[PDB]
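Bound state: ATP-dependent Clp protease proteolytic subunit + bortezomib (bound form).
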Amino acid sequence: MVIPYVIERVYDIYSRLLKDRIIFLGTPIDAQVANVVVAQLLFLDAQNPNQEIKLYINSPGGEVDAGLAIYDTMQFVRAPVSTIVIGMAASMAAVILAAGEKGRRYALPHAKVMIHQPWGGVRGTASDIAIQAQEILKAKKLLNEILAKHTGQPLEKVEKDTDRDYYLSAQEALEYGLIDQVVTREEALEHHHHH
Amino acid sequence: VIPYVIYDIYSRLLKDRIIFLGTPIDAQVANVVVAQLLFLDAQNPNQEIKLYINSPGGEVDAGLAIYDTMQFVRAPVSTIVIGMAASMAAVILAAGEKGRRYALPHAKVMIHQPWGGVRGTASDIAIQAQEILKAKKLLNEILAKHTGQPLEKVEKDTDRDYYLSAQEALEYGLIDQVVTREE
Amino acid sequence: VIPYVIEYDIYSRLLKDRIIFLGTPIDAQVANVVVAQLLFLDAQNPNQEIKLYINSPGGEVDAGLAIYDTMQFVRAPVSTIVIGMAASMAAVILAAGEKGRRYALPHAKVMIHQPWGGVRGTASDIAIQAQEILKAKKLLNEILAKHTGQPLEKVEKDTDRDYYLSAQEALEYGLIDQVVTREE
Amino acid sequence: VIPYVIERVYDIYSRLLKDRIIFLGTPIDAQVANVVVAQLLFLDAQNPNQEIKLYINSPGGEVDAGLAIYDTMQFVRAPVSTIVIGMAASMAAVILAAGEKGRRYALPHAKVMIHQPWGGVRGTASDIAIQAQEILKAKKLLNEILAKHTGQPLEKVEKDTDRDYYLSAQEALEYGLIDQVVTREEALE
Amino acid sequence: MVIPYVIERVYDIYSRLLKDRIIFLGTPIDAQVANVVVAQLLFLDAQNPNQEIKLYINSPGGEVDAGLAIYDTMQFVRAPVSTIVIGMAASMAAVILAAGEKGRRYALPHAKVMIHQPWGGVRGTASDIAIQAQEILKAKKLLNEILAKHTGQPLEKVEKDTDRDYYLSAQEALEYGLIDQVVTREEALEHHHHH
Amino acid sequence: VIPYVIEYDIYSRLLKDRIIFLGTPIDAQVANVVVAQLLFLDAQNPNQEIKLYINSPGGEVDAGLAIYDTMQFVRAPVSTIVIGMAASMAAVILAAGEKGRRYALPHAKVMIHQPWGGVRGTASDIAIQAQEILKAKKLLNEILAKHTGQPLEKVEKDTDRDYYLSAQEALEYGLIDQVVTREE
Amino acid sequence: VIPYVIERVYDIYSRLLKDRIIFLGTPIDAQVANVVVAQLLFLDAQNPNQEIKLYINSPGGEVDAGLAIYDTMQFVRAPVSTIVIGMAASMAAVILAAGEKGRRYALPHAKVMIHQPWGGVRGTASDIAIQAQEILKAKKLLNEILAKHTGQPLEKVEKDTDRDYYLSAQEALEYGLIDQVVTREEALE
Amino acid sequence: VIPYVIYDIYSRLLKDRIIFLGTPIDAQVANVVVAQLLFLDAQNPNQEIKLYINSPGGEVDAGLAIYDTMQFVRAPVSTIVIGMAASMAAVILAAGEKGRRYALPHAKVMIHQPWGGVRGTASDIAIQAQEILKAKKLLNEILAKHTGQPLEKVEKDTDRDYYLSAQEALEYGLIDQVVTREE
Amino acid sequence: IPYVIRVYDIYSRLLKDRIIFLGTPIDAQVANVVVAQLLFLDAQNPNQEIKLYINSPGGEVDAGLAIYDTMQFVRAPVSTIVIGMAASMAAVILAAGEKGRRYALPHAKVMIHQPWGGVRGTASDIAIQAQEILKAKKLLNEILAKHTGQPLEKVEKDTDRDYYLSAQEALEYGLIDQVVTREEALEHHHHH
Ligand SMILES: *[B]([O])([O])[C]([C][C]([C])[C])[N]C(=O)[C]([C]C1=[C][C]=[C][C]=[C]1)[N]C(=O)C1=[C]N=[C][C]=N1
Ligand SMILES: *[B]([O])([O])[C]([C][C]([C])[C])[N]C(=O)[C]([C]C1=[C][C]=[C][C]=[C]1)[N]C(=O)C1=[C]N=[C][C]=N1
Ligand SMILES: *[B]([O])([O])[C]([C][C]([C])[C])[N]C(=O)[C]([C]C1=[C][C]=[C][C]=[C]1)[N]C(=O)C1=[C]N=[C][C]=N1
Ligand SMILES: *[B]([O])([O])[C]([C][C]([C])[C])[N]C(=O)[C]([C]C1=[C][C]=[C][C]=[C]1)[N]C(=O)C1=[C]N=[C][C]=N1
Ligand SMILES: *[B]([O])([O])[C]([C][C]([C])[C])[N]C(=O)[C]([C]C1=[C][C]=[C][C]=[C]1)[N]C(=O)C1=[C]N=[C][C]=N1
Ligand SMILES: *[B]([O])([O])[C]([C][C]([C])[C])[N]C(=O)[C]([C]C1=[C][C]=[C][C]=[C]1)[N]C(=O)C1=[C]N=[C][C]=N1
Ligand SMILES: *[B]([O])([O])[C]([C][C]([C])[C])[N]C(=O)[C]([C]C1=[C][C]=[C][C]=[C]1)[N]C(=O)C1=[C]N=[C][C]=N1
Ligand SMILES: *[B]([O])([O])[C]([C][C]([C])[C])[N]C(=O)[C]([C]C1=[C][C]=[C][C]=[C]1)[N]C(=O)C1=[C]N=[C][C]=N1
Ligand SMILES: *[B]([O])([O])[C]([C][C]([C])[C])[N]C(=O)[C]([C]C1=[C][C]=[C][C]=[C]1)[N]C(=O)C1=[C]N=[C][C]=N1
């Protein structure tokens with residue numbers, strides 16, 4: 001990772017966009033990356049609980065527990081976080097996208113969203129498998145409910161849709177409720193009348 | 001490795017209607033045990049077959065194959081545990097012809113619930129979780145039938161590893177005699 | 001370690017008795033050797049029955065169909081007996097024994113599901129290999145429907161994920177004809 | 001890759017340390033216990049009366065290293081509020097439960113899991129006997145620590161921890177592991 | 001490979017069916033398996049140049065040079081060789097199937113045939129690559145011609161068809177000319193009138 | 001070994017001059033860092049041009065589109081310059097610079113072709129992933145047609161296999177606007 | 001897995017040896033040279049006047065081992081007919097070309113390929129110089145052996161073998177490597 | 001590894017308009033050489049850039065990148081081979097500003113045709129075979145332009161490895177002076 | 001490596017004092033960084049001496065010659081000092097310091113021998129590289145003869161196998177000029 005630098009002020013490129021209240025979620029999600037995203041949110045909200053945070057998303061997903069950490073921290077924090085999917089937002093990364101501030105969830109034109117039920121693995125004795133099987137079942141229902149809340153769709157629809165991989169174009173993601181605008185071009189700064 | 005007689009040593013004891021189950025149990029060894037039974041019963045459906053057991057267990061499906069074939073075959077099979085009979089190998093021991101299930105003095109029996117592993121999606125895990133649950137209850141029931149113990153007891157005993165001396169295996173019902181000399 | 005008997009190894013001796021074992025996962029090499037035993041046993045006597053004991057988790061559809069097609073083609077009727085496990089293609093081979101001569105032991109299982117596989121290549125190449133897997137899926141659903149008697153719309157929905165059957169459940173599904181406990 | 005902030009350039013975790021925030025987000029081994037312990041000691045030396053927030057996302061780890069973190073929280077004057085985000089399991093559950101009473105928090109979809117210790121020993125029979133006894137004490141010791149800090153009868157924690165025992169955040173409230181399920185930032189009541 | 005045995009006569013199962021003039025081509029084709037197939041043909045033709053040889057085929061293909069060895073030996077040998085594809089006959093194995101004695105090329109119902117152009121690889125200098133590139137080009141045209149001969153199809157059709165993987169059902173293989181009969185059931189021995 | 005200059009490393013200093021390098025194969029991590037540099041350079045001045053030097057063999061379509069979509073979205077016009085090699089997604093990024101501001105050096109190349117990939121799973125799962133690759137294929141053919149001016153039926157037949165273009169050939173195909181030899 | 005035939009059970013290659021057939025179907029290293037040489041010596045001891053058929057499918061190998069096979073064919077009284085099925089390259093081409101004149105045969109789609117030797121040397125400068133000289137002799141030696149047995153001028157084989165030179169069976173006829181392209185079994189003319 | 005001055009040693013010689021090409025050439029090193037040229041020419045398009053060469057060669061595409069950038073940039077680049085300049089690195093040497101291409105006495109130049117590798121189907125190999133053929137002719141032409149030799153000669157010389165002493169490189173046209181002391 | 005504070009690592013600080021270390025085996029990347037330090041030190045001041053401490057087992061001839069050619073080319077005189085070991089190309093670099101300013105410590109060694117290498121390829125390709133190694137052999141024998149004063153057939157017969165020299169033996173052979181044991185005392189001088 002040969003990330004570039006910018007300028008008595010030396011940042012790397014992601015650290016400089018952090019000073020502009022931009023966070024990148026660009027890797028698969030495991031505990032380590034959840035923690036560092038959570039920590040950036042906590043810091044940006046402490047800096048100013050009223051300004052918006054932009055969270056750019058390019059991720060294939062990851063661990064439900066780490067994803068929920070990011071989710072719960074977005075809801076908890078006072079600052080509203082606008083999610084923007086560039087390229088790919090799948091599995092837990094779709095959920096994080098859908099859970100931005102309503103009205104400020106954006107996709108670029110050729111970005112995608114994909115959703116599906118969780119997957120995992122257990123080894124152990126029958127008693128041990130039974131316990132973990134029950135745990136994965138709760139996560140499944142829990143994540144279906146979180147999706148239904150934030151898209152507006154009836155829950156038996158998300159359950160049916162996520163049974164296998166469900167790929168959405170950005171427009172299809174609009175029509176599904178996962179985002180609010182498909183953004184193509186950056187508009188001009190605008191003037192206003194003071195009557 | 002194995003010595004010869006004028007057969008190899010296990011093949012010669014097969015002409016004396018002796019079968020060895022001395023390895024861990026996977027499909028390949030189940031098949032070859034099943035096949036020896038089928039052959040020995042075709043040779044003579046009334047004579048006894050001795051099945052010497054030294055095994056730590058194995059796959060439930062392969063073990064049941066051996067079990068189902070012992071019950072199905074007309075010849076009565078006497079099970080003898082020398083050294084170790086654990087997990088599915090305990091079940092096979094317990095399912096010899098009642099009255100001719102034998103242990104040597106320092107042999108052991110160990111029983112416990114099944115273990116396994118599943119990868120896949122939530123739907124896929126749910127299915128295999130269900131399957132392991134049936135095998136658990138099924139094997140507890142098979143044990144209760146052949147020892148005489150109440151089923152609530154085998155379920156609580158097999159929750160973790162349950163080691164039995166040969167005498168303790170007598171009192172539990174897994175065998176019929178602790179054999180020391182050759183009468 | 002397979003044992004010997006005075007003339008054979010144990011599987012070769014039960015072959016004299018017209019017994020064939022399908023006890024491994026199915027790949028081309030084991031299909032060929034099963035096919036070859038059938039061809040030989042039918043040449044030796046096209047009217048006597050062949051017993052095919054099944055303990056297998058399945059395998060490649062192409063190799064499995066080889067075994068299937070050879071059972072239908074050969075004049076001798078082949079009784080399938082599942083001991084322990086018959087899954088995926090091995091379930092199909094079980095179901096395709098001579099009607100009335102398909103047997104399970106009490107604690108044996110059957111499992112059925114749709115095929116799985118993998119393709120690496122360009123988009124054109126994947127499209128071709130995707131179409132091929134789709135035909136195999138429909139083809140195997142149809143073969144199952146014919147030999148169990150079930151409506152095809154049912155096998156397709158049942159095989160969407162792993163579908164485990166006890167031997168009794170296999171009897172009511174049509175995959176076998178008798179759950180055999182004793183020697184009768 | 002951790003980002004930086006600004007005659008002062010910190011990395012993001014080091015900056016939240018100036019705000020008396022510590023992260024326990026990895027599995028617990030001696031190396032991470034030591035660095036958590038050291039941050040506590042420093043934060044208490046800077047001001048023994050202000051609170052320390054300890055964010056927890058960890059699957060657990062070695063009992064000895066975990067106890068190090070535990071013992072240091074009790075010993076230090078400053079009260080440490082534990083907050084589980086995502087996951088707190090095994091020793092990490094214990095550390096969660098041992099925050100200042102009333103200041104132990106979970107986010108809504110976070111989890112707690114508890115169970116007895118696991119380990120391994122090679123050696124001769126004499127050697128195995130010794131470390132078998134050691135694991136037995138740790139089991140009894142950790143059950144007691146849990147009972148103290150949740151309020152549950154000890155016969156209950158021993159039965160509950162016999163296998164993996166997963167708790168939702170609400171279930172963790174009811175069990176006594178935490179004090180509030182916090183959904184929004186206003187914890188200024 | 002735990003192949004079984006049969007009976008002062010001890011054979012393994014493939015060696016016994018060889019005494020019945022049956023040869024198996026069941027593995028991918030490399031020089032080693034070409035040689036052993038070639039050798040069985042030479043022996044069976046020396047035993048009796050007029051009786052038929054049955055060649056059962058279940059193979060995904062292999063090296064063109066080794067395949068041609070099998071092909072050239074079938075044509076050269078006086079005995080007619082009936083090819084039977086059970087399961088799969090692809091690439092060079094399709095060619096070997098198609099080159100059985102016309103009228104005695106058989107498929108089982110669910111067997112397949114697949115054909116396509118050759119593939120390979122070369123490392124070396126530009127001069128060296130040019131040489132091997134020319135070699136692969138001849139093999140391509142050569143194998144297209146061999147297919148056209150033995151199916152009856154116009155050559156620009158086989159060239160077009162083999163550009164990518166071309167899968168054929170057994171019926172489709174009949175209609176293409178690669179085989180002569182789709183064989184399902186073994187018929188009874190039959191009686192004949194002596195008028 | 002990247003060298004430093006008195007305040008930066010060499011790529012970070014040319015970033016001050018609104019130069020971005022896309023010199024590796026394209027995966028999500030390099031897409032993100034290119035996207036981020038664009039966003040920063042456009043925030044610094046939405047009217048000045050950004051030069052994007054390209055030496056890349058291509059990469060993942062999703063990451064490439066990220067770079068593409070960000071170039072179109074950002075107000076500043078981005079001049080693409082291929083030095084050495086621009087293939088697969090890197091060709092697309094080249095072709096999508098500001099019309100009239102797409103340049104090749106004399107011996108640079110462009111190569112285009114359809115996507116490739118791989119899927120492992122059940123038949124249902126493969127069908128889904130096969131449909132996805134098919135959309136990407138058509139989508140990328142359309143993006144190429146828009147930015148070169150060629151009829152779509154032509155890009156589809158040209159990209160069926162590897163299609164190598166010299167810089168001049170790239171000029172007559174529409175992928176670039178000038179073959180630049182000197183400094184002018 | 002090679003099959004068997006029958007108070008006599010041979011494997012298939014051993015049975016065709018009783019018919020004075022030898023297979024050279026692998027790459028050539030010392031081990032396979034020795035076993036080919038040994039079969040020749042045995043077949044010539046059984047009957048020095050009958051022909052030996054040597055079927056060739058090989059990509060070549062070590063010059064020293066190949067020459068062993070070559071020298072043994074010339075030395076032995078019995079005439080050895082070489083038949084290339086599939087492939088005969090490098091040393092295997094040389095062995096093909098050195099069958100009894102008039103009894104060197106190719107099947108229609110078989111190939112011949114010829115080229116100069118390749119190898120490798122590590123060591124000091126003195127050591128490299130020595131084995132460089134050795135490879136140079138082998139090059140010149142093998143070019144001469146080819147010229148003898150094809151009839152071509154030596155300046156031509158040297159230029160032709162500078163890189164890989166692939167020949168169809170017909171092209172091999174025209175070049176002198178073989179005597180007949182045999183399509184059908186009747187070679188009884 | 002590399003020492004520091006109060007910059008690291010290569011970065012300090014960059015402020016003296018010196019660039020090192022000391023590794024084998026792949027896309028990553030082409031890019032960083034190209035970038036240094038672009039920067040040095042932006043600093044001052046009239047001053048010379050010295051490019052010290054010790055490299056065994058590399059990928060043609062990356063090499064051409066370096067070549068095309070030297071021609072394109074206004075500043076004249078003097079190439080100096082110390083030790084070794086082979087394959088693409090020879091081409092880059094030969095393409096310095098005519099008259100300021102230098103070798104040290106015991107440095108070498110080696111030239112030859114490209115090498116590579118292709119996997120794939122026959123159609124795919126045909127395409128990449130064609131590509132390597134163009135690169136071969138293209139690089140022979142670039143050599144002929146910058147040495148002055150007839151093209152038939154570079155094609156026959158580069159058929160295998162062609163090693164040149166620095167003097168032999170002078171007479172061939174690849175350089176302009178064999179430099180021994182620092183005048 | 002330790003640090004000293006302007007801040008430097010220990011080798012970078014001794015570079016300030018016009019000291020260069022050649023302490024690893026010689027491959028292209030270490031040749032380049034040695035060459036670059038020379039070029040910089042000579043640009044700093046073409047008249048002051050550069051000390052080059054040598055502890056190396058040798059390396060690639062091409063990279064070594066790079067270091068050699070750069071020492072001759074550069075105006076500043078470079079004193080070579082072998083501490084511990086100077087073998088193969090590293091011996092050559094030692095011998096090619098400014099005559100009279102080539103030094104060994106008492107228990108240091110010099111070893112010389114002919115080049116070694118390896119080639120894989122076709123006969124034509126091997127012939128070409130074989131010729132190349134032969135030139136390097138003679139070229140390096142000549143460079144040694146030039147800088148020691150020995151007759152060339154002597155270096156050729158001596159370098160046929162490994163030829164180890166003590167520092168004294170290296171003096172008598174011509175590879176160095178002084179065996180230095182104690183840093184010469186700092187003294188007070190008469191100014192009449
Ligand atoms: B996803 O594909 O990103 C998905 C999220 C959910 C919204 C459908 N993730 C999972 O299902 C993960 C997969 C995984 C990734 C890496 C390591 C291990 C597992 N599964 C879990 O997080 C999980 C949950 N409960 C139990 C076990 N595993
Ligand atoms: B034992 O330990 O041998 C035991 C049998 C006992 C319950 C009567 N065996 C199992 O539990 C096996 C263990 C195993 C062996 C080899 C590979 C994998 C697992 N389990 C199963 O066979 C099984 C059954 N149903 C589902 C999954 N696994
Ligand atoms: B089963 O799991 O045994 C199943 C058969 C079922 C549908 C009747 N087999 C397959 O799905 C096999 C699995 C496999 C085995 C070995 C290598 C790869 C895959 N799949 C195929 O045979 C197959 C066929 N065509 C395309 C891809 N895969
Ligand atoms: B948990 O899974 O995080 C758990 C904590 C306890 C409260 C149940 N950890 C342990 O039990 C650890 C696991 C371990 C981690 C890494 C290496 C080895 C073991 N066990 C121990 O710390 C331990 C204690 N006594 C003896 C041996 N091991
Ligand atoms: B096939 O897929 O079986 C095919 C045969 C032809 C009828 C289309 N085989 C090949 O293309 C082989 C592939 C191969 C397999 C194993 C190792 C190496 C290559 N290619 C060749 O035989 C070949 C031909 N000429 C040059 C290089 N390789
Ligand atoms: B190219 O070769 O760079 C090409 C883009 C072209 C069509 C404009 N890229 C792909 O085809 C990539 C290659 C790849 C890179 C890394 C891992 C796997 C594959 N394919 C995909 O991005 C892709 C997308 N959807 C499904 C499968 N593969
Ligand atoms: B050919 O490629 O089969 C060829 C034969 C010759 C007529 C051109 N073989 C060789 O050149 C062999 C190749 C080799 C094979 C295995 C290990 C090492 C080399 N070379 C030699 O036999 C050889 C001869 N002299 C010196 C070194 N190597
Ligand atoms: B040389 O050896 O450095 C040489 C350049 C010379 C002809 C001016 N390089 C090549 O021939 C490279 C070799 C290579 C290096 C690294 C990986 C793979 C190959 N060849 C190519 O760059 C190339 C060009 N077109 C097609 C294939 N390969
Ligand atoms: B020595 O051991 O340092 C010696 C130098 C010379 C004074 C006798 N080195 C060599 O001979 C090197 C050895 C080597 C080192 C690292 C990789 C490969 C080889 N040989 C060459 O430099 C050489 C090899 N082939 C051709 C030209 N030069």
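First the proteins, then the strands, lettered A, B, ... as listed; each starts at 1. Contacts here are counted within a displayed part of the entry, not across the full deposit. Start at 1 and go down the list; that is how both ligands and their atoms are numbered. Heads up, header says this was done by X-ray crystallography, 2.7 Å.
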Quiz prompt | Neighbouring chains of bortezomib (bound form, ligand 9), heavy-atom cut-off 4.0 Å | solution = I
Exercise. Determine the minimal heavy-atom distance from bortezomib (bound form, ligand 9) to the UniProt active-site residues of chain I, naming the nearest residue; round to 1 Å.
Key: I:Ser88, 1 Å
Quiz item: What covalent connection, given as residue and atom, links bortezomib (bound form, ligand 9) to a chain here?
Solution: I:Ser88 OG
Practice problem: Please list the residues near bortezomib (bound form, ligand 9), using 4.0 Å as the heavy-atom limit. | Solution: I:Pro57, I:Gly58, I:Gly59, I:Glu60, I:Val61, I:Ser88, I:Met89, I:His113, I:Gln114, I:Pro115, I:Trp116, I:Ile133, I:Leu140
